[PDB]
Visitor: 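Just downloaded a structure that has sacituzumab in it.
Protein chains get the first letters and strands the later ones, always in sequence-line order, with residue 1 at the start of each. Heavy-atom basis, side chains included; hydrogens, waters and symmetry copies ignored. If you check the header, you will see the structure was determined by X-ray crystallography, 1.6 Å.
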Amino acid sequence: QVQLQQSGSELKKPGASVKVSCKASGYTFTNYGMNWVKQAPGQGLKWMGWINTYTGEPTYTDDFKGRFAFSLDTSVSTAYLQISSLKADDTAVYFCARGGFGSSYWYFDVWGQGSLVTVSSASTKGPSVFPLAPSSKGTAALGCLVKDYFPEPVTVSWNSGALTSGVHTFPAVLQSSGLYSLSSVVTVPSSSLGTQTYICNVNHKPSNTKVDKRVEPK
Amino acid sequence: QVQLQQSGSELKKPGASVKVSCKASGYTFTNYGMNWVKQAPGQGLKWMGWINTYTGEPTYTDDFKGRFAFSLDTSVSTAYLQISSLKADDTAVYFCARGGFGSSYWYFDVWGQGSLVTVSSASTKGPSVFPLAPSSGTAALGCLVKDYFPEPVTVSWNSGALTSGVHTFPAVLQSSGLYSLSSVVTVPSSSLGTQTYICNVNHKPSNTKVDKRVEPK
Amino acid sequence: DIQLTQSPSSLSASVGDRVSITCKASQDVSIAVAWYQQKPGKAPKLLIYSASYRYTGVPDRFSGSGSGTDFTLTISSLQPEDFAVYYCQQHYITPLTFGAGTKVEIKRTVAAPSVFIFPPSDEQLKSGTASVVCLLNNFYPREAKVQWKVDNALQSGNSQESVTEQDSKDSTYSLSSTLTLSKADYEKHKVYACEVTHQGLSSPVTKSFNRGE
Amino acid sequence: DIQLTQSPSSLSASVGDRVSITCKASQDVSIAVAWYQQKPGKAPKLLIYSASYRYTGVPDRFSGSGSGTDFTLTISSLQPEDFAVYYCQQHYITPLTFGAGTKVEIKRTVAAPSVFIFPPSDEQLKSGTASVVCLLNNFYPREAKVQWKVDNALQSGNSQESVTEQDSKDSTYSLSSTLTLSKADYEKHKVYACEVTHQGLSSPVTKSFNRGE
Amino acid sequence: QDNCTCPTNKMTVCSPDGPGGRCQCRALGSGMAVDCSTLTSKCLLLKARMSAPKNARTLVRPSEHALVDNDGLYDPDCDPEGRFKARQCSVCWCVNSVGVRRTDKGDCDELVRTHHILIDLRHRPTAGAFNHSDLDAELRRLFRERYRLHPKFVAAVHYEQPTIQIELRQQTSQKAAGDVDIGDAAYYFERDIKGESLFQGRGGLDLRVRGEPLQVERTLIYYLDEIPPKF
Amino acid sequence: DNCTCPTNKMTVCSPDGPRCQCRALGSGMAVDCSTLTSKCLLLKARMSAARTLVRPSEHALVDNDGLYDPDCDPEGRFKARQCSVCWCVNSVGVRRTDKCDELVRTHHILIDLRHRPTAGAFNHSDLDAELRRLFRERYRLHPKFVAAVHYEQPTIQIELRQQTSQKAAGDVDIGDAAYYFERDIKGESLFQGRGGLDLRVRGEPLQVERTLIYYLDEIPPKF
Ligand SMILES: *[C@@H]1O[C@H](CO)[C@@H](O[C@@H]2O[C@H](CO)[C@@H](O)[C@H](O)[C@H]2NC(C)=O)[C@H](O)[C@H]1NC(C)=O
Ligand SMILES: *[C@@H]1O[C@H](CO)[C@@H](O)[C@H](O)[C@H]1NC(C)=O
Ligand SMILES: OC[C@H]1O[C@H](O)[C@@H](O)[C@@H](O)[C@@H]1O
């Protein structure tokens with residue numbers, strides 16, 4: 001039952017600090033190094049550095065030093081990642097990953113589940129929901145635009161969950177305003193328009209926003 | 001926060017087995033040895049042996065071989081003591097205690113709280129409560145609390161209003177395997193005619209509650 | 001730092017295919033190269049270390065070869081559970097570094113997108129903003145170009161795209177492109193057009209509308 | 001095994017006194033002797049190791065000395081929290097072994113016991129057993145002898161004693177001696193007497209009764 | 001690394017003062033240009049160690065009249081190819097290819113090759129269990145990856161708990177051009193075991209058998225030459 | 001319950017005296033089990049003691065002077081001359097001439113240890129106190145014969161000093177203490193029933209990576 005268990009998701013304002021924990025269990029903590037790996041949304045893995053748990057010494061990289069600090073509490077077999085002066089480009093999942101103390105053991109066999117840290121100056125805000133109405137001109141497409149909410153996630157269903165085939169709810173995009181937006185679309189028979197009703201059900205639990213938007217030909 | 005936490009009290013019949021655990025926290029378990037120390041009731045300390053947590057190897061003494069076994073689960077930083085073929089003189093508190101891996105570190109700096117293991121063939125039995133009546137300016141009177149198992153009983157006088165001059169003796173284990181104690185109190189002999197004296201005896205294992213009036217005969 | 005050039009950045013393969021992914025190091029790294037697999041939302045899993053050593057429990061179809069600067073991860077017969085992102089890593093010297101990743105995706109036949117354009121709703125316009133949405137539905141492969149024209153002027157910098165993961169039933173992608181303008185800018189122009197280039201289309205497809213029709 | 005001869009088995013002292021406890025090892029153990037304190041119901045606490053090294057956090061009024069076979073624990077100015085049992089231990093070789101312990105108790109002036117004898121109750125008699133109880137109340141020091149005679153015959157092997165810990169208010173002890181006989185044996189005899197010897201008594205004290213009086 | 005390093009030889013000074021500003025590292029105490037992708041010869045490494053500027057601070061130095069259980073250390077003479085010169089000296093002796101004295105001390109027609117090396121390691125007894133198969137695979141991996149020794153030159157691994165043995169064998173005729181010499185791998189391995197990596201940026205040897213670390217308590221190294229020593 | 005020899009595990013013990021009697025392996029000499037055994041007799045034991053472990057060739061070279069089975073006198077000291085090829089040795093058995101009127105004593109020993117870097121802090125005060133405790137308790141060396149302890153992380157030095165005039169009858173010799181310590185550091189306790197050295201400093205278990213030992217004689221070597 002060799003395991004690394006990390007702390008949960010974090011949401012911080014620019015300029016704030018965060019401390020991510022990585023608790024080892026099932027093995028002797030000071031027999032292994034602890035490595036920190038960043039993965040920004042949609043991006044690859046980046047090694048931030050590591051801490052030698054036997055000597056207590058951290059090693060930073062050029063890109064992660066200064067306002068990044070690796071520390072330990074060996075009495076509770078835990079490694080910590082502290083990031084100060086947070087900025088939006090710190091938004092990422094941070095993994096801890098176990099390795100050895102020399103290069104023939106500097107590959108990572110046991111990983112934490114990752115801790116998502118999101119940095120934003122945005123305040124909680126529920127979405128506005130707008131129809132993507134089916135064209136008046138076979139197969140039609142229609143949708144709901146779910147604009148300007150924070151934080152993630154929103155969920156979208158159609159006709160209270162009765163309509164699932166052909167639905168695509170897109171991943172949200174972060175807008176330059178700092179608010180998220182997504183669309184959910186569905187393709188249906190052209191002949192069903194006006195004889196079948198279409199309603200998108202949008203839930204944003206952080207703001208307790210619940211919208212049902214009928215989508216009709218204009 | 002360096003600590004050793006042991007399992008609770010145990011009550012076993014002769015011939016049975018028991019396993020006592022000792023969970024370490026706050027330090028690296030495999031950097032220290034774990035020692036087992038016996039303390040029989042009213043007696044001193046006897047070292048049973050130890051287990052090397054780094055190699056896993058136990059070392060026993062001549063008196064604790066065969067039906068004693070030290071074991072470990074390093075994945076949960078726990079040491080265990082198992083005793084099989086239990087007999088009555090295994091009744092004792094068993095401590096685990098941390099030390100090093102050679103003799104210049106075989107003093108014990110951190111100890112568990114102890115686990116009491118009682119070995120008896122007796123069955124649960126509530127006490128009989130007999131008056132120690134004041135003899136026909138200070139009088140003594142009391143209650144004899146006889147033939148109960150297991151420990152403890154509690155005794156109060158006049159529901160806790162009388163505490164001055166009360167002595168409740170430690171229990172003795174009789175040859176029957178049942179325990180007995182007395183509780184006594186000295187009072188003004190002038191008070192025997194007017195003050196009522198009741199010993200309140202509680203033996204929770206048997207749900208026995210007795211209020212015994214103690215009066216001159 | 002030792003740079004790892006991992007190729008290809010993506011590949012489409014069928015169950016049963018032999019898949020090879022290469023990792024070129026910018027200097028000699030002995031045999032000190034590891035490979036990881038990562039699925040969505042999960043930590044990476046170690047496959048191979050020291051270029052060819054399988055980690056405990058890793059199936060026989062994964063193997064690794066190479067030394068010096070050129071390394072290869074081979075999946076001898078791709079299985080349904082192997083569509084994932086793979087990363088190489090060098091463990092020759094500190095700082096440890098990673099390749100940019102290879103996404104292994106499911107091959108299927110080419111499918112052109114169905115294309116749809118959506119004007120902003122009147123309700124949104126009241127709010128001071130116009131969002132125009134172009135939808136590309138159920139296409140394969142992923143590569144697609146979507147360009148916006150507003151009164152025939154090519155737009156740059158004012159659109160964002162979003163793409164689904166391969167559909168679990170038909171293995172296609174769907175994509176939206178959203179053009180965002182202020183109300184005032186939106187009402188300065190009449191014709192809104194999105195043009196879609198995709199290899200399943202013999203010619204690029206335009207969908208368009210006139211503001212206010 | 002190395003035997004440790006620890007002396008005295010008990011001592012009485014006042015707050016502020018200098019207290020010395022010795023430990024004699026049956027062979028040379030270099031400086032490998034540790035000392036522990038133990039309070040009722042608690043684990044022992046390490047005070048001193050390697051004869052003279054004070055363990056972290058131990059008050060500096062505890063000190064240790066000695067080498068070879070003879071060792072001494074000294075408490076330079078005894079404090080109320082120091083009334084306890086002390087043990088020496090050798091840590092020269094396995095098996096690790098302990099001295100038998102020294103109880104450090106509170107000194108007070110001599111107090112003779114008040115002595116009381118209690119016949120068995122009629123209620124107990126009808127159940128088949130007779131317990132006769134002799135009570136020694138509030139005496140100091142602990143050393144006390146209690147002897148039973150039944151029709152002037154000294155009893156052996158049929159009594160059990162129990163003693164309290166020092167009283168929290170007056171630092172005395174109390175003690176009970178219980179003589180247990182079958183009802184049949186009890187009714188074979190008339191005079192029951194307990195005789196108490198204690199240094200606060202000029203002469204031994206007898207309490208007695210006639211059965212059925 | 002942001003600046004130049006020499007992964008196979010930390011006993012170097014590296015400058016971006018090479019052709020086109022490329023990195024160049026030179027050996028301390030000799031000045032020989034060093035190939036930082038292969039092991040440096042033992043002779044040149046010994047010269048670098050002897051040249052090392054120690055600051056004793058409060059440590060004391062052994063007296064010049066003090067005896068040791070060893071033959072003593074010295075700054076060796078190396079040939080232009082980095083090999084030990086056959087003769088080392090005002091008193092002189094012949095050495096084999098690993099720099100060990102193989103004649104009596106006097107006042108040397110060839111450099112006798114050391115072709116077999118036995119490394120005997122006793123590790124601290126541990127609860128973690130492993131067998132010969134595990135140990136053999138792991139040491140072969142470490143010799144190939146860390147020391148860049150071809151596994152064909154690891155002739156054998158032996159294990160009787162808690163003693164590990166590694167046998168290195170290598171005839172000159174078996175060496176392709178540029179192959180690492182067992183004498184150099186053995187020396188880097190020896191220094192790693194004593195907690196002094198000669199690498200730059202590769203951490204310690206950190207030997208593990210099942211990811212479980214081993215602590216070496218005692219090291220013995222035996223050198224067998226192509227002709228017997230002449231005492 | 002049986003006879004043991006706490007200061008010398010290289011013995012066989014039997015209850016044969018008037019009483020436990022322990023005899024040294026490889027010589028049979030009776031051993032005083034309350035004090036350290038002479039290095040000379042311990043070397044004879046070691047040399048008088050393989051499964052799949054291979055033995056080195058008789059022609060193999062080593063980076064030391066070579067191990068040998070020494071000649072000891074009836075008090076267990078090295079005989080001054082050791083031998084075809086002969087040489088003089090000092091009291092720790094090291095050769096001090098080239099290949100013998102007296103046995104020259106080694107009166108100063110420098111022990112240089114390098115420890116593995118470790119997270120637990122300690123300083124010279126901690127090391128000095130602990131090493132002095134261990135040399136008195138484990139190695140039975142009187143306190144005055146540890147002359148100095150030095151520390152420059154991660155190197156520890158211990159200087160032992162014991163002039164002939166200052167060594168009382170029965171005192172443990174610094175040369176025997178140093179040998180027992182050297183073997184303990186290499187994971188071979190010569191004691192029976194005392195576990196390992198298990199060095200810990202301010203509570204931190206330490207791992208020694210490298211040991212060097214220098215011997216200085218009351219008369220200089222004649223080479
Ligand atoms: C080495 O560290 C020790 C332990 O922390 C220091 O000892 C403390 O020193 C101060 C000042 O002398 C005392 O008040 C403390 O009581 C000491 N504590 C202990 C546990 O000994 C010591 O000063 C340090 N020495 C140096 C030279 O840095
Ligand atoms: C050695 O142990 C490993 C791991 O438990 C096992 O797979 C292997 O078969 C063993 N080999 C031999 C030869 O016993
Ligand atoms: O091989 C490892 C094995 O060796 C011995 O048998 C003991 O020390 C065990 O505790 C240990 O697990």
Visitor: Please list the parts of the model that make up sacituzumab.
Guide: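 It maps to chains A, B, C and D.
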Visitor: Counting heavy-atom pairs within 4.5 Å, which chain has the most contacts with sacituzumab (chains A and C), and what does the PDB entry call it?
Guide: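 Largest number of contacts: Tumor-associated calcium signal transducer 2.
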Visitor: Counting only non-hydrogen atoms strictly under 4.5 Å, which other chains reach sacituzumab (chains A and C)?
Guide: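 Non-hydrogen contacts: B, E, F.
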Visitor: Which residues on chain E are in heavy-atom contact (under 4.5 Å) with sacituzumab (chains A and C)?
Guide: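 The epitope (heavy atoms under 4.5 Å) is E:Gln1, E:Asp2, E:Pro7, E:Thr8, E:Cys36, E:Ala137, E:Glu138, E:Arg141, E:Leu142, E:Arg144, E:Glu145, E:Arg146, E:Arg148, E:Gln200, E:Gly201, E:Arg202, E:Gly203, E:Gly204, E:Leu205, E:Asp206, E:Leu207, E:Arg208, E:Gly211, E:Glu212, E:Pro213.
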Visitor: Okay, next thing: residues of sacituzumab (chains A and C) within 4.5 Å of chain E, non-hydrogen atoms. What do you get?
Guide: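 Within 4.5 Å, heavy atoms: A:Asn31, A:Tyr32, A:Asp62, A:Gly100, A:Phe101, A:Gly102, A:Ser103, A:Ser104, A:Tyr105, A:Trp106, A:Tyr107, C:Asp1, C:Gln27, C:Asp28, C:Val29, C:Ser30, C:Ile31, C:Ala32, C:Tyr49, C:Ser50, C:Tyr53, C:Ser67, C:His91, C:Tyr92, C:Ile93, C:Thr94, C:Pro95.
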Visitor: Tell me what the entry calls chain B.
Guide: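 The deposit names it Sacituzumab Heavy Chain.
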